[PDB]
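Working notes, beginning with the structure itself.
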Amino acid sequence: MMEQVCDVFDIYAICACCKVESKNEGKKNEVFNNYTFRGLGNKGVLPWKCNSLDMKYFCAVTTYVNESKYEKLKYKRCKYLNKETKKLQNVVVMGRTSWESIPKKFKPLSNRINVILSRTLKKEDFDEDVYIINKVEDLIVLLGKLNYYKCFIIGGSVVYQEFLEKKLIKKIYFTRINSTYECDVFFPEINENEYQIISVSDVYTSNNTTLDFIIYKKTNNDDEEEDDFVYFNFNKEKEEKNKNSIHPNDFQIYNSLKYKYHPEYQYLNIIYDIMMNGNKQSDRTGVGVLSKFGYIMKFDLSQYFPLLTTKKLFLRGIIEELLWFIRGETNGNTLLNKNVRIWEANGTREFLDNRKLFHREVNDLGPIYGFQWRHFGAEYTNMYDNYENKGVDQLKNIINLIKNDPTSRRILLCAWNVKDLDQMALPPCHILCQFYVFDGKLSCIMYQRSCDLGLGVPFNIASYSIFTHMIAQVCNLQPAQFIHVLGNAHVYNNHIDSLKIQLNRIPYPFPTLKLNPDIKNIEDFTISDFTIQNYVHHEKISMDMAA
Amino acid sequence: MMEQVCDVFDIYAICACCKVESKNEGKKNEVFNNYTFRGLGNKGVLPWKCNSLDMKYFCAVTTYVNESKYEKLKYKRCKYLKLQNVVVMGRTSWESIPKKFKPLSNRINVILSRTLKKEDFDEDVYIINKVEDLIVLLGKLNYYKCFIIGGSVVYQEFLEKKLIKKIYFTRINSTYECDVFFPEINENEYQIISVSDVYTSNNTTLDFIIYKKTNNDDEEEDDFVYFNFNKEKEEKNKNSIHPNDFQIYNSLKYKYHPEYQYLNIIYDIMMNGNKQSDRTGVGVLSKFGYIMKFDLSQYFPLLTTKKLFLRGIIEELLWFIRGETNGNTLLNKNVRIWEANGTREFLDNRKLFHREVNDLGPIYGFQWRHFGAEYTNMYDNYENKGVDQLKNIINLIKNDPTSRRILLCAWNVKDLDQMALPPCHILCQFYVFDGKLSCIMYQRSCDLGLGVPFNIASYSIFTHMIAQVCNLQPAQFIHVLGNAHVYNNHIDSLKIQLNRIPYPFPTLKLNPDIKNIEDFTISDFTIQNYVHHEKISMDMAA
Ligand SMILES: NC(=O)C1=CN([C@@H]2O[C@H](COP(=O)(O)OP(=O)(O)OC[C@H]3O[C@@H](n4cnc5c(N)ncnc54)[C@H](OP(=O)(O)O)[C@@H]3O)[C@@H](O)[C@H]2O)C=CC1
Ligand SMILES: NC(=O)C1=CN([C@@H]2O[C@H](COP(=O)(O)OP(=O)(O)OC[C@H]3O[C@@H](n4cnc5c(N)ncnc54)[C@H](OP(=O)(O)O)[C@@H]3O)[C@@H](O)[C@H]2O)C=CC1
Ligand SMILES: O=c1ccn([C@H]2C[C@H](O)[C@@H](COP(=O)(O)O)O2)c(=O)[nH]1
Ligand SMILES: O=c1ccn([C@H]2C[C@H](O)[C@@H](COP(=O)(O)O)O2)c(=O)[nH]1
Ligand SMILES: CCc1nc(N)nc(N)c1-c1ccc(Cl)cc1
Ligand SMILES: CCc1nc(N)nc(N)c1-c1ccc(Cl)cc1
């Protein structure tokens, strides 16, 4: 074996990059990739001033050491050097400009061996406890003489550039600041053939922006208490049901990831699980699907808006649909006039007639969502009727319970009115919403009886996450979690190839949802009160590639 | 410094025990414990004759060998004094094994005897005159692990002289005639460190537990720590719960027994639960959103870490099925589940001033058979009024199994205020695949310490009932919990419960002649082989 320097001395890079203030040539159909995050600094400082969470992360990684693993590293570096026979710290290497950008109260970086690269400055020019080198070679020499855990290259685009040039980086701990700021210095474009992403963290919010942490890796070219584990798995099948028909070589990127902590994976793993272990059925005479029963996804709305990034989604339609529900409408023309066709196919003469709704006007969807939310129990007549003070206004009652009886375990909004099912153009897929209120925070569980993983679910997650924010706001609470429970979860055969593609796309940090803060009544929201910010995403996918 | 054989030479013991029958009384013991499973053999053979699953387990365990981890053993043993394992047995034992199966393939067969002729058998088939002579044969051979597939006698001595490291004990949860038994393991010398998932095979459930000798690449490893950089160092309520208490629960390495799905939630709530105070002045710890799954095809999920009675909840189920809302019907059968909710005072506080005592209103039963009808009183004849959901879901399961609309819903928004109390079990959704039925039940409010245990049982039974009247085999019962809480008053009790090791689940037997959901009677239900720890009053108040 030919030992590479970066491996022997464990030299890593850690940075944080934001999106660059682009010169929008008039194409807000922007293309996104990993290079989207390349902003390092502006006028000597960080483009975003400060970010306490990234700072905390940076400190955590560069100060962490495991003394028990040291002896193994010592033997390795010493053997490599042919050299063989008070707290262990990591080393941090930075350019002079980065060193000078650090406030005096933070210099030198605590509990770490600070190394500074410079030509214009020498040891005499510094008062602090630091090592001044004037070339990369001098670092390798220093490392072969120091007792240290790991070496992190912390900065200066110039510094990053040459260390990557000389191929001295074993891994890149890369922070993705999901927002745009003015920049004048950038991180070098990472050659995808030289570095692959192996892990993606959870997504967070800090200082009014979402962010996540990813790791790039340099590419190709008691134990018996563990044996008991082997035994317990004795009665297993050796391969997953649909392996032969699905083929894993297709999920290359998906399976090459070590840590998949990005929330979008809750959705991706379910798809993968259904594809690999799903039961073959013909949901609706002829179509055909793979299905499973019972899954739960959780999303932290205080930390991000879970709009899928592995593909492109628009939300104007589902938002208008939601406002439409809240208004208690069941008139399909209202949506059609707003160019939203979600319910178009379910309101045609033929569809209604086949539901035996012979006396139902076209686009009159019947006692669905809207009607149940505001008038559950009333006798439905037609979509133009005024159902004032008729039936139960669940929506209003849940808002009142949340305001005056927050700990109640009866705060539910139900659309599944057994008595009206047959009068509905379609029985509802979203059976109910239940709320939980703790320490001024609102969580929501939504139970879905039927789930089209490929086409529907992505939008459903968005709709209810938004709804949770809306209810939270009119009740003076902060949104916490949106919990999605899936009953019959299926993947349509026609969607398989498109989903295979999606699964091999690495998520981007989620976007954020902003509601007009002035709205205080659930009924006063209008389309312009909603804004999805920093939505970074992969190319849109036609789940059904038919032509 | 190695010098105490058992750990040194890696000697293990593997067995399979069943329950014993007593001529005085043949079943449903008053008190159970680990010694309940001691049956070893009967008249030269196994009490149960055969169990294919256990056969597979015994084989897999005794033949499994990992060579990469061998020299770590060759190193210290030599340093102490086609890799296969050693299977030490006795004469009676070796003589019970069939012809074609002797010697045990891929294994180094050894035998404890005082009259067997070494000269008669093969060389790869050693023999020994005494226990201590075994150590010797080991110091000469090249094996992986030494398994004592024993024999009553063989087991005993090996245990007394303390030569056993681990005891891969299989629990066959069924009673058979026995003449030979396994030695009562000393709880202070050995402890259970693992409990597998439960299974059904050859008409009995069973599980595998590992008894242990109380001694009393890294590249992506640091990455795991970095990604945990922002997580709370200590657990929220750890300070008020105290882990020294859950010492057995935390000592377990592998907890694959399904009961742990319930136990783990109790633990999660106690350790990370949010403190809240009902408008009653009572306090709870609560979490939001959990899911448990039980494979009814392999076992009936009746908690074993405490005692559970089912007559009441079965009658309640039959009561729902009849569509009744008459609280008196249950009281006259001494089922008082709904008594408190039917009193004059409770009804009045619900503002049901015009409701008769014990007239629970349009609850479960009324919704299952007449959803939509106008409720009058518990004595009215609602025949043909409202939607008969029960009848409908059953016809859907039979004629349109792949339907994703087979739901039974009790949360009638229009009738809630008329109900003595809103239902906790909102709905049941069914799923059918390959002639098998699964059911999801969503519970909006869950009393983990007292309610959930019965809740899991009720709906598991309901699943079997629906499955049978539709000629389907039960598959999974999936329990979705919404507001899941633990009353503060139960904490000490649940701590105790958390430190009990689950026994193998029992099975549920329904009278197979019943083919209509409405024809079941209390005598058509039988719980078999229910082994459990003693009863625990969740509220140790009195
Ligand atoms: N987002 C992030 O993660 C990070 C952002 N930053 C930002 O980046 C900007 C600073 O980066 P940038 O301008 O690229 O400069 P650097 O901080 O990389 O420093 C460049 C200087 O370091 C010295 N140097 C670099 N390589 C060598 C070498 N091989 N031998 C000797 N000296 C060497 C020289 O010092 P001299 O001039 O004395 O000869 C040189 O001009 C700032 O705005 C800072 O806020 C910095 C680190 C991380
Ligand atoms: N369920 C389970 O997991 C198991 C069940 N069994 C069942 O147990 C029954 C057999 O058990 P049991 O009757 O106790 O007999 P064993 O199978 O243990 O055989 C005992 C024989 O081993 C020999 N022996 C005893 N002590 C010594 C010693 N100190 N040194 C050398 N040899 C010794 C004797 O042979 P000799 O007469 O030549 O002196 C003796 O009669 C069977 O029905 C079998 O099916 C057996 C193993 C496991
Ligand atoms: O908001 C929605 C509406 C519908 N569907 C899907 C689920 C099913 O694939 C199909 C409805 O068919 P049934 O389950 O009702 O039969 O539409 C969704 O995923 N989300
Ligand atoms: O079958 C049942 C019925 C009730 N409960 C519990 C949940 C709550 O602790 C209490 C009902 O009070 P509310 O949730 O409605 O407030 O009873 C159960 O766990 N299981
Ligand atoms: C929050 C700072 C930070 N976060 C990350 N993820 N990487 C870094 N390299 C730095 C950093 C920036 C400037 C200096 Cl001067 C030193 C280190
Ligand atoms: C299926 C048999 C089996 N299963 C388990 N779990 N343990 C055992 N000790 C045996 C066994 C019983 C009798 C003989 Cl003779 C050999 C081995």
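Letters A, B, ... mirror the listed sequences (proteins, then strands); counts begin at 1. Note that ligands are numbered from 1 as they come in the structure, with each ligand's atoms numbered from 1 the same way. Note that these values count all heavy atoms, side chains included, but never hydrogens, waters or copies made by symmetry.
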**Drug identity at ligand 5** = pyrimethamine
**Message:** Can you peek at the structure and tell me the main thing pyrimethamine (ligand 5) is bound to, named as in the PDB entry?
**Reply:** Bifunctional dihydrofolate reductase-thymidylate synthase
**Prompt:** By chain letter, which other chains contact pyrimethamine (ligand 5) with heavy atoms under 4.0 Å?
**Reply:** A
**Prompt:** Does at least one non-hydrogen atom of A/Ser101 fall below 4.0 angstrom from an atom of pyrimethamine (ligand 5)?
**Reply:** yes
**Asked** Which is closest to atom 4 (N) of pyrimethamine (ligand 5) in terms of heavy atoms, A/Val159, A/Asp54, A/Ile153?
**Response** A/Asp54
**Asked** What atoms of pyrimethamine (ligand 5) come closer than 4.0 angstrom to any heavy atom of A/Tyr160?
**Response** 9 (N)
**Polar atom proximity, A/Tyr57 to pyrimethamine (ligand 5) (N or O, under 3.5 Å)** = no
**Message:** Is the contact between A/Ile154 and pyrimethamine (ligand 5) made by the side chain, the backbone, both, or neither, using heavy atoms and a 4.0 Å cut-off?
**Reply:** both
**Message:** Suppose I only count heavy atoms of A/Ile102 and a 4.0 Å limit; which atoms of pyrimethamine (ligand 5) are within that range?
**Reply:** 15 (Cl)
**Message:** Closer than 4.0 Å and a protein heavy atom, does any atom meet both conditions relative to atom 14 (C) of pyrimethamine (ligand 5)?
**Reply:** no
**Asked** For A/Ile14 and pyrimethamine (ligand 5), does the shortest N/O to N/O distance drop below 3.5 Å?
**Response** yes
**Item:** Min N/O separation A/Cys15 to pyrimethamine (ligand 5) under 3.5 Å
**Value:** yes
**Message:** Please list, in number order, the atoms of pyrimethamine (ligand 5) under 4.0 Å from a heavy atom of A/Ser98.
**Reply:** 15 (Cl)
**Asked** Do any heavy atoms of A/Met55 fall under 4.0 Å from pyrimethamine (ligand 5)?
**Response** yes
**Nitrogen or oxygen of A/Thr175 less than 3.5 angstrom from that of pyrimethamine (ligand 5)** = yes
**Request:** Starting from atom 17 (C) of pyrimethamine (ligand 5), find the nearest protein heavy-atom neighbour and note its residue, name and distance.
**Result:** A/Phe58 CZ, 3.6 Å
**Request:** Looking only at protein heavy atoms, identify the closest one to atom 12 (C) of pyrimethamine (ligand 5) and say how far it is in Å.
**Result:** A/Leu46 CD2, 4.2 Å
**Request:** Define the binding site of pyrimethamine (ligand 5) with a non-hydrogen cut-off of 4.0 Å.
**Result:** A/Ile14, A/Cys15, A/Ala16, A/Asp54, A/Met55, A/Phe58, A/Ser98, A/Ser101, A/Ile102, A/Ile154, A/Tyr160, A/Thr175
